[PDB]
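Note that the numbering runs from 1 along the sequence shown for the chain. We count ligands from 1, going down the list as the structure has it; atoms in each ligand are counted the same way. Computed over heavy atoms, backbone and side chain alike; hydrogens, waters and symmetry mates excluded.
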Amino acid sequence: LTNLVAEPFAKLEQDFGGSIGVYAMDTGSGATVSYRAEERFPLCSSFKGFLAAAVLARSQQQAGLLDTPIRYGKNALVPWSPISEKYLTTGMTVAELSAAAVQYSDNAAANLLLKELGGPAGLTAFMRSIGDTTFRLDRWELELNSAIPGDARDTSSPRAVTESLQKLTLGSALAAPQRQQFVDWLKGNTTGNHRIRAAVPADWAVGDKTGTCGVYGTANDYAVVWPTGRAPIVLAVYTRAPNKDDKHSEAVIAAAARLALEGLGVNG
Ligand SMILES: *C(=O)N1C[C@H](NOS(=O)(=O)O)CC[C@H]1C(=O)NC1CCNCC1
């Protein structure tokens with residue numbers, strides 16, 4: 001059921017000047033679209049969705065966790081912390097940091113939550129606990145964005161991202177209340193309007209998390225999409241390119257998402 005219908009991903013990535021990795025899963029039939037799906041790509045900010053899921057999993061064993069107020073100093077505010085900078089003088093709850101990390105890609109929030117989990121290895125351990133043997137987080141913000149060609153640090157594959165996203169949003173990896181909270185955070189993302197969402201009709205529900213390393217043409221998005229009248233679709237689109245100064249493209253991500261939906265026979 002993989003690649004029943006071929007799609008022109010090679011032409012797309014050639015025009016982009018790099019590599020595109022796509023995995024998409026029709027959760028009803030099990031049909032998939034797969035292109036470079038087992039190659040590694042840098043996560044960039046996209047690890048923050050899984051980070052929030054890991055916090056929610058922890059909160060199943062610690063009922064007070066989400067409501068815990070976290071204070072932080074100015075030294076915690078690394079570049080691109082649009083929410084946590086507004087609450088420097090007050091603090092934010094763990095839930096609020098999680099929402100900020102997911103929905104605004106807040107870097108300070110992400111580092112504060114990584115500390116809660118025992119750092120990159122703690123997040124990696126959570127991913128292992130749900131059966132993901134590919135994911136690895138190695139570094140913190142901002143160093144995890146280096147996106148060096150051939151460097152496996154801070155990478156996963158489109159396939160493993162999609163498989164893990166499915167487990168967390170639709171499967172049983174989270175308890176039902178936590179699962180719905182994760183979904184709701186993804187649905188409220190503000191940074192993805194020009195990526196997978198641009199390929200998804202407005203009358204379908206969708207949650208996503210983006211990433212943009214800023215070098216090596218490296219950017220990404222993953223999403224859970226609910227077309228009306230059929231089972232949900234899970235998909236991941238990752239990009240990279242050979243040169244440090246190569247630019248990312250949101251349009252290429254949206255175009256790859258459209259090809260994936262077309263390959264699954266999902267009318268969009
Ligand atoms: C994540 O990839 N981020 C955080 C933020 N928005 O994330 S996104 O998914 O909407 O793109 C800005 C881009 C990126 C990030 O942390 N960029 C840093 C800029 C400075 N150099 C290190 C990377």
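At ligand 1, the drug present is relebactam (bound form). In the deposited model, most contacts to relebactam (bound form) involve the chain that UniProt calls Carbapenem-hydrolyzing beta-lactamase KPC-2. For relebactam (bound form), the residues with any heavy atom closer than 4.0 Å are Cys44, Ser45, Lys48, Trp80, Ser105, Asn107, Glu141, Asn145, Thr191, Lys209, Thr210, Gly211, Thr212, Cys213. Of the N or O atoms in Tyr104, none lie within a sub-3.5 Å distance of an N or O in relebactam (bound form). On the PDB entry, the origin listed for chain A is Klebsiella pneumoniae.
Distances below 4.0 Å separate heavy atoms of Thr210 from the following atoms of relebactam (bound form): 8 (S), 9 (O), 10 (O).
Each of the following atoms of relebactam (bound form) lies closer than 4.0 Å to a heavy atom of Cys44: 2 (O).
In terms of polar-atom proximity, defined here as any N/O pair under 3.5 Å, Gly211 does make such a contact with relebactam (bound form).
Listed by atom number, the atoms of relebactam (bound form) under 4.0 Å from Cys213 heavy atoms are 23 (C).
The model tethers relebactam (bound form) through a covalent bond to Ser45 OG.
Near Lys209, meaning under 4.0 Å from any of its heavy atoms, are these atoms of relebactam (bound form): 9 (O).
In summary, the atoms of relebactam (bound form) found under 4.0 Å from a heavy atom of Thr191, numbered by their order in the structure, are 10 (O).
Nearest to relebactam (bound form) among the UniProt active-site residues of chain A, at a heavy-atom distance rounded to 1 Å, is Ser45, 1 Å.
The protein heavy atom nearest to atom 7 (O) of relebactam (bound form) is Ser105 OG, 2.7 Å.
Counting only heavy atoms of the protein, atom 16 (O) of relebactam (bound form) lies nearest to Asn107 ND2, 3.1 Å. Atom 1 (C) of relebactam (bound form) has as its closest protein heavy atom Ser45 OG, 1.4 Å. Within relebactam (bound form), counting atoms from 1 as listed, the ones closer than 4.0 Å to a heavy atom of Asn145 are 16 (O), 23 (C).
Closest to atom 19 (C) of relebactam (bound form), if we only count protein heavy atoms, is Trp80 CZ3, 3.3 Å.
Checking atom 21 (N) of relebactam (bound form) against the protein gives no heavy-atom contact under 4.0 Å.
Nearest to atom 14 (C) of relebactam (bound form) among the protein's heavy atoms is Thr212 O, 3.1 Å. In chain A, relebactam (bound form) lies within 4.0 Å of these UniProt beta-lactam-binding residues, judged by heavy atoms: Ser45, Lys48, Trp80, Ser105, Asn107, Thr210, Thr212.
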